[PDB]
Every structure is written in structure tokens, then in C-alpha cells.
K.L.:
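Sharing a structure, written as C-alpha cells. Questions coming.
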Amino acid sequence: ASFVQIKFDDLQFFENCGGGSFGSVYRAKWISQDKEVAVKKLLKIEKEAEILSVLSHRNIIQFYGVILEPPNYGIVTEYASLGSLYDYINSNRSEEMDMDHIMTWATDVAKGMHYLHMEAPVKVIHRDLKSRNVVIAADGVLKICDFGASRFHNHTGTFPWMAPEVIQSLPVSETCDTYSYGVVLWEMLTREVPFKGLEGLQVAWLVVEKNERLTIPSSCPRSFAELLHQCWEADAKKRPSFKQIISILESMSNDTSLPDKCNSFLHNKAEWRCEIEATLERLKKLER
Ligand SMILES: CCCS(=O)(=O)Nc1ccc(F)c(C(=O)c2c[nH]c3ncc(-c4ccc(Cl)cc4)cc23)c1F
């Protein structure tokens with residue numbers, strides 16, 4: 001092949017990651033290399049392996065090989081020991097997150113995406129980026145993944161992260177990923193699940209026809225809040241690219257006023273958490 005093949009019997013499978021909520025992904029050991037890995041079990045494999053071999057960057061999970069022994073198929077990668085971003089954020093351990101940490105992580109994600117959009121030898125538009133597709137390696141670095149679940153041609157309850165054009169099956173550019181990245185950032189700031197408890201269909205409807213967007217707290221510093229508005233524009237062409245996001249993050253890092261602003265916001269979760277809850281109460285009733 002043009003990609004590394006790993007034999008099914010050279011893997012020892014442990015748990016299904018996340019009790020099943022992240023699909024048919026397992027933690028395992030690659031026995032001949034004495035290495036811990038993740039495996040995603042598949043029922044078929046198209047020409048994914050060929051693209052995965054040529055994608056490699058410090059903010060994307062590392063491809064190691066493919067299981068190809070019909071009827072068994074799967075993709076084997078790096079296992080990120082600290083798990084999903086979604087899980088971390090929605091746990092109380094994320095209370096340690098300050099300004100710098102949110103800066104570093106928002107940067108990790110933007111650089112991975114910029115790579116996939118513009119620097120990799122082939123152009124990859126994720127189209128399903130969300131905090132349940134970002135994982136955390138033992139060193140603390142974020143790693144995007146699931147960028148080959150589409151098989152690189154549109155296939156063969158995650159409405160909160162989808163741009164409206166994606167929701168309504170319209171032409172998608174790079175900027176669909178900018179919108180989703182917005183949601184991710186908003187998660188890191190609020191440490192809430194976006195549209196928690198709403199229905200999929202209600203989210204879709206609201207986002208597309210009402211231009212409903214996640215509640216940004218009034219204490220949230222301006223810089224960040226504007227970034228969020230920019231990533232969330234219903235006119236996709238207006239949204240920034242990942243290189244511009246990276247450039248905006250950089251001038252944020254040099255604003256000496258922002259640390260204080262962000263950290264007191266982060267530390268006053270006591271206050272603003274029913275700004276968010278109020279809206280959700282209102283939206284749940286709009287359907288009841
Ligand atoms: C190279 C990219 C190939 S792809 O086909 O686009 N994507 C692709 C292919 C194979 C995969 F295993 C995965 C994957 O899911 C993970 C990769 N590394 C991980 N480390 C930790 C966790 C984790 C651990 C614990 C919890 Cl509770 C949650 C997640 C999940 C994964 C994947 F996204």
C-alpha cells in the first residue's frame with residue numbers, strides 16, 4: 001500500500017473511549033511497538049489512508065496506520081492521554097483555566113486548522129469541528145481529529161457547532177470551520193455546553209432562520225466577544241480565515257489590559273451563568 005498497515009492481531013483492545021459516546025473508538029496497545037494508541041473501528045475504508053499519510057502537524061492527532069483485513073477495518077492513531085476537550089471543559093477541573101491557558105488552546109486549535117486549510121500538501125476542510133473532536137495530549141497540547149470521518153468527500157445532536165450553510169446543505173468554504181471554531185472558543189470561556197438541553201431541530205431552526213447565536217456574557221471582555229461575533233456572521237464570506245484569527249489572537253496576547261479583564265470575568269462565573277440559563281429557559285419554552 002502507500003500507507004502503513006497494522007495487523008488486527010498486533011492490537012490489544014481496552015475500553016471503548018467515553019463509554020460509547022465518541023463512537024467506535026478504543027484505547028489499545030500496538031503490541032509489536034509496545035505503544036498505546038487509539039483505534040477507530042470501521043466497517044469499510046475508502047481512500048482516506050492516502051490522504052492521512054500526508055497530514056502531520058503538532059495540533060492534529062498523529063496517523064499511524066490502517067487495519068485492512070476484511071471484514072476488519074480501522075484507523076490507528078496517537079492516543080491523547082488527557083482525553084476530550086468537551087469532557088475537560090465540562091468538568092470542574094477546568095476551573096484552573098485562566099487567560100493564558102485559553103490563549104494557548106485557542107491558538108493550538110487555530111494553527112491546526114490553518115495547517116489543514118493552507119499548509120498541508122492537500123487542502124482539508126474539516127466541516128465537523130467541535131470540542132468533541134479535539135483531544136488533549138499528555139503534554140497539554142490540543143490535537144484536532146476526525147478530519148477524515150467525511151472520507152474527504154462528504155461521507156459515504158451537534159447542530160450547536162454547525163454554521164448555517166452547513167445546516168442547510170449549501171456550498172461550504174473554509175469559513176464553515178471558522179464558525180465552529182467560534183463555538184469552541186465560547187465553550188472555553190463559559191465552560192458550558194452550547195444550547196444545553198435544546199433540541200437539534202430547534203437549534204437548526206433558530207440558528208438558520210432567526211440568526212440565534214450563543215449567549216455571550218456582558219462581562220465577557222470585548223476582544224473576545226467581537227471575535228465570536230466575527231466567527232459567527234451569517235454571511236460566511238465575512239468570517240475571518242484561520243491566519244487572521246491567529247493574527248487577532250496575537251494582538252490579544254499583547255494587550256496588557258486583557259489579562260485582568262479576562263481573569264475577573266472567568267472568576268465571576270457566579271454572576272453570569274443565568275445570563276446563559278435565562279436564554280435556555282426562554283428557548284425551551286419557545287418549543288413547549
Ligand atoms: C489522524 C486522524 C484520523 S481521523 O479518521 O480523522 N480520526 C480518528 C481516527 C482514529 C481515532 F482513534 C480517532 C479518535 O477518536 C482519537 C484519536 N486519538 C484519541 N485520543 C483520545 C481519545 C479520547 C479518549 C477518551 C475520551 Cl473519554 C474521549 C476521547 C480519542 C482519540 C479519530 F478521531
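For this chain, numbers begin at 1 and follow the sequence in order. Computation of the quantities below employed the complete heavy-atom set of this structure, encompassing side-chain atoms and omitting hydrogens, waters and symmetry-equivalent molecules. First listed ligand is number 1; within each ligand, the first listed atom is number 1.
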K.L.:
What is the identity of the drug or drug candidate at ligand 1?
P.N.:
vemurafenib
K.L.:
What would the PDB entry call the macromolecule that lies against vemurafenib (ligand 1) with the most contacts here?
P.N.:
Mitogen-activated protein kinase kinase kinase MLT
K.L.:
Out of all atoms in vemurafenib (ligand 1), which are within 4.0 Å of some heavy atom of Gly148? Include the element for each.
P.N.:
6 (O)
K.L.:
Could you check which of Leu85, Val25, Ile136, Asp128 puts a non-hydrogen atom nearest to atom 14 (C) of vemurafenib (ligand 1)?
P.N.:
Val25
K.L.:
Does only the side chain of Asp87 get under 4.0 Å from vemurafenib (ligand 1), or the backbone, or both, or neither? Count heavy atoms.
P.N.:
side chain
K.L.:
Determine, considering heavy atoms only, which of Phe22, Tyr79, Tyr86 sits nearest to atom 25 (C) of vemurafenib (ligand 1).
P.N.:
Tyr79
K.L.:
Starting from atom 5 (O) of vemurafenib (ligand 1), find the nearest protein heavy-atom neighbour and note its residue, name and distance.
P.N.:
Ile75 CD1, 3.6 Å
K.L.:
List vemurafenib (ligand 1) atoms under 4.0 Å from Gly18, heavy atoms only on the residue side.
P.N.:
27 (Cl)
K.L.:
Please say whether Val39 places an N or O atom under 3.5 Å from an N or O atom belonging to vemurafenib (ligand 1).
P.N.:
no
K.L.:
Can I get the nearest UniProt active-site residue of chain A to vemurafenib (ligand 1) along with its heavy-atom distance to 1 Å?
P.N.:
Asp128, 10 Å
K.L.:
Which residue supplies the protein heavy atom nearest to atom 30 (C) of vemurafenib (ligand 1), what is that atom called, and how far is it?
P.N.:
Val135 CG1, 4.0 Å
K.L.:
Tell me which part of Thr77 gets within contact of vemurafenib (ligand 1): side chain, backbone, both or neither, using heavy atoms under 4.0 Å.
P.N.:
side chain
K.L.:
Of the protein's non-hydrogen atoms, which lies at the shortest distance from atom 8 (C) of vemurafenib (ligand 1), and what is that distance?
P.N.:
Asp146 N, 4.2 Å
K.L.:
Please list, in number order, the atoms of vemurafenib (ligand 1) under 4.0 Å from a heavy atom of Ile61.
P.N.:
1 (C), 2 (C), 17 (C), 18 (N)
K.L.:
Please name the UniProt domain of chain A that makes most of the contacts with vemurafenib (ligand 1).
P.N.:
Protein kinase
K.L.:
Tell me: protein heavy atom nearest atom 10 (C) of vemurafenib (ligand 1), and distance?
P.N.:
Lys40 CB, 3.5 Å
K.L.:
Please report whether vemurafenib (ligand 1) has a polar contact with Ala80, defined as an N or O pair separated by less than 3.5 Å (distance criterion only).
P.N.:
yes
K.L.:
Heavy-atom pairs closer than 4.0 Å: do any link vemurafenib (ligand 1) to the side chain of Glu78, the backbone, both, or neither?
P.N.:
backbone
K.L.:
Less than 3.5 Å between some nitrogen or oxygen of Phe147 and one of vemurafenib (ligand 1), yes or no?
P.N.:
yes
K.L.:
Which ATP binders in chain A, per UniProt, sit with a heavy atom less than 4.0 Å away from vemurafenib (ligand 1)?
P.N.:
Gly18, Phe22, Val25, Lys40
K.L.:
What residue and atom, counting heavy atoms only, is the protein's closest point to atom 31 (C) of vemurafenib (ligand 1), and at what distance?
P.N.:
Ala38 CB, 4.1 Å
K.L.:
What is the residue-level binding site of vemurafenib (ligand 1) with heavy atoms closer than 4.0 Å?
P.N.:
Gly18, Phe22, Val25, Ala38, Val39, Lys40, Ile61, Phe63, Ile75, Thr77, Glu78, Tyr79, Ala80, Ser84, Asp87, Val135, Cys145, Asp146, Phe147, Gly148
K.L.:
Extract all N/O-N/O pairs under 3.5 Å that connect vemurafenib (ligand 1) to the protein, and present each with both atom names and the distance rounded to 0.1 Å.
P.N.:
{"residue": "vemurafenib (ligand 1)", "atom": "6 (O)", "partner": "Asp146", "partner atom": "N", "Å": "3.2"}
{"residue": "vemurafenib (ligand 1)", "atom": "6 (O)", "partner": "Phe147", "partner atom": "N", "Å": "3.0"}
{"residue": "vemurafenib (ligand 1)", "atom": "6 (O)", "partner": "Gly148", "partner atom": "N", "Å": "2.9"}
{"residue": "vemurafenib (ligand 1)", "atom": "7 (N)", "partner": "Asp146", "partner atom": "N", "Å": "3.2"}
{"residue": "vemurafenib (ligand 1)", "atom": "18 (N)", "partner": "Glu78", "partner atom": "O", "Å": "2.9"}
{"residue": "vemurafenib (ligand 1)", "atom": "20 (N)", "partner": "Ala80", "partner atom": "N", "Å": "3.0"}

